[PDB]
Amino acid sequence: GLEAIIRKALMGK
Amino acid sequence: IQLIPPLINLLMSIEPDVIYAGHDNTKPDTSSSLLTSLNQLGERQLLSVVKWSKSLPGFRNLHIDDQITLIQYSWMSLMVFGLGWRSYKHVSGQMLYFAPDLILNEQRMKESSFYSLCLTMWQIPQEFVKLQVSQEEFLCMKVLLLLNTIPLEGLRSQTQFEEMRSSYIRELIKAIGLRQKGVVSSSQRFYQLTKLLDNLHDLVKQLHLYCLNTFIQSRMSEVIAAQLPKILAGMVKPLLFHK
Ligand SMILES: COC[C@]1(OC)CC[C@H]2[C@@H]3CCC4=CC(=O)CCC4=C3[C@@H](c3ccc(/C=N/O)cc3)C[C@@]21C
């Protein structure tokens, strides 16, 4: 479930 | 030891700002309120770890899939390691400094509902006290933690990853070389610090098991299946410095 959070956070800034 | 190496100063400059748990310490503790605050603090720290990684020399050059994998495999270790540092730095390693607004001394640990977990995590700060780890050593060690576990089949940017790891290993040596002048002593300290890192692999699975059991206790066969690779051996490849 964190993979989704981690993936999204990496793209952003 | 006077001048600090540029890369180490850079690492210090990208250290995330203080993260608060948002816990109300004016109310009596409850198993639920403390677990709630840890999860809130935890999510905040995770986003902070991701942001931190983006400024780490060498990291963003790795395949995005490797970046995700490395964070996934190391966030727990990074967090318990940071917890140990804050505890050691702010309260002489005598209590768990999760955040400025979430500090658990011995009495608070005993009545948290997760006292055993506290004693396990407390092992890190206690070791920092014994070794008197420096901020420079800490910064390099933390990067190595991010680069200490990879898939059994390795990474897509494997060669690039190995050179990045090798560079921070060299940087850890410079950090040690700051206070340790002498080839026998500097060498001995490198063993001590890296051995400490090797020992975290076992400790980390303890934390993941506790996380899973805390989840189970709140509420499946699928959720447990996705967590095993984090508590069981032989599912990933830990990168040990020593046999
Ligand atoms: C009572 O503990 C419950 C845990 O598990 C129930 C098991 C271990 C905890 C992590 C321990 C390390 C840690 C250090 C900090 O500085 C803050 C938070 C923290 C932990 C917590 C945590 C909660 C959520 C997240 C990420 N969410 O996206 C990360 C860490 C709670 C657990 C996992």
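As listed: the chains are lettered in turn, A, B, ..., one for each sequence line. Chain A uses the PDB entry numbers throughout; the residues present, in order, are 2262-2274. Here the PDB entry sets the residue numbers for chain B, with the shown residues being 681-899, 909-932 in order. Excluded from the calculations below are hydrogen atoms, water molecules and symmetry mates; all remaining heavy atoms, backbone and side chain alike, are included. For ligands, and for the atoms within them, numbers begin at 1 and follow the listed sequence.
At ligand 1, the PDB records name the drug as asoprisnil. The name UniProt gives to the main binding partner of asoprisnil (ligand 1) in this structure is Progesterone receptor. Chains touching asoprisnil (ligand 1) with a heavy atom below 4.0 Å, listed by letter, come to A, B. At 4.0 Å, heavy atom to atom, the residues around asoprisnil (ligand 1) are A/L2263, B/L715, B/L718, B/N719, B/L721, B/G722, B/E723, B/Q725, B/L726, B/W755, B/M756, B/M759, B/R766, B/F778, B/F794, B/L797, B/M801, B/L887, B/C891, B/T894. This PDB entry labels chain A with the name SMRT peptide. Each of the atoms 28 (O) of asoprisnil (ligand 1) lies under 4.0 Å from some heavy atom of B/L726. For atom 14 (C) of asoprisnil (ligand 1), the closest non-hydrogen atom on the protein side is B/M759 O, 3.8 Å. Inside a 4.0 Å radius of atom 20 (C) of asoprisnil (ligand 1) there is not any protein heavy atom. Shortest contact from atom 17 (C) of asoprisnil (ligand 1) to any protein heavy atom: B/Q725 OE1, 3.3 Å. Near B/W755, meaning under 4.0 Å from one of its heavy atoms, asoprisnil (ligand 1) places the atoms 29 (C), 30 (C).
UniProt assigns most of the residues of chain B contacting asoprisnil (ligand 1) to the domain NR LBD. Of the protein's non-hydrogen atoms, B/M756 SD, 3.9 Å is the one closest to atom 10 (C) of asoprisnil (ligand 1).
Per-residue contacts place B/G722 under 4.0 angstrom from the following atoms of asoprisnil (ligand 1) (heavy atoms of the residue considered): 22 (C), 23 (C), 24 (C), 25 (C), 26 (C), 29 (C), 30 (C). Proximity of atom 30 (C) of asoprisnil (ligand 1) to the protein is indicated by at least one non-hydrogen atom lying closer than 4.0 angstrom. Looking at asoprisnil (ligand 1), you'll find an N or O of B/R766 within less than 3.5 Å of one of its N or O atoms.
When each atom of asoprisnil (ligand 1) is checked for a heavy atom of B/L721 under 4.0 Å away, the hits are 17 (C). Both criteria (UniProt progesterone-binding in chain B; heavy atom under 4.0 Å from asoprisnil (ligand 1)) are met by B/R766.
In terms of N/O distances under 3.5 Å, asoprisnil (ligand 1) is not approached by B/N719. Heavy-atom contacts of A/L2263 reach the following atoms of asoprisnil (ligand 1): 28 (O) (cutoff under 4.0 Å).
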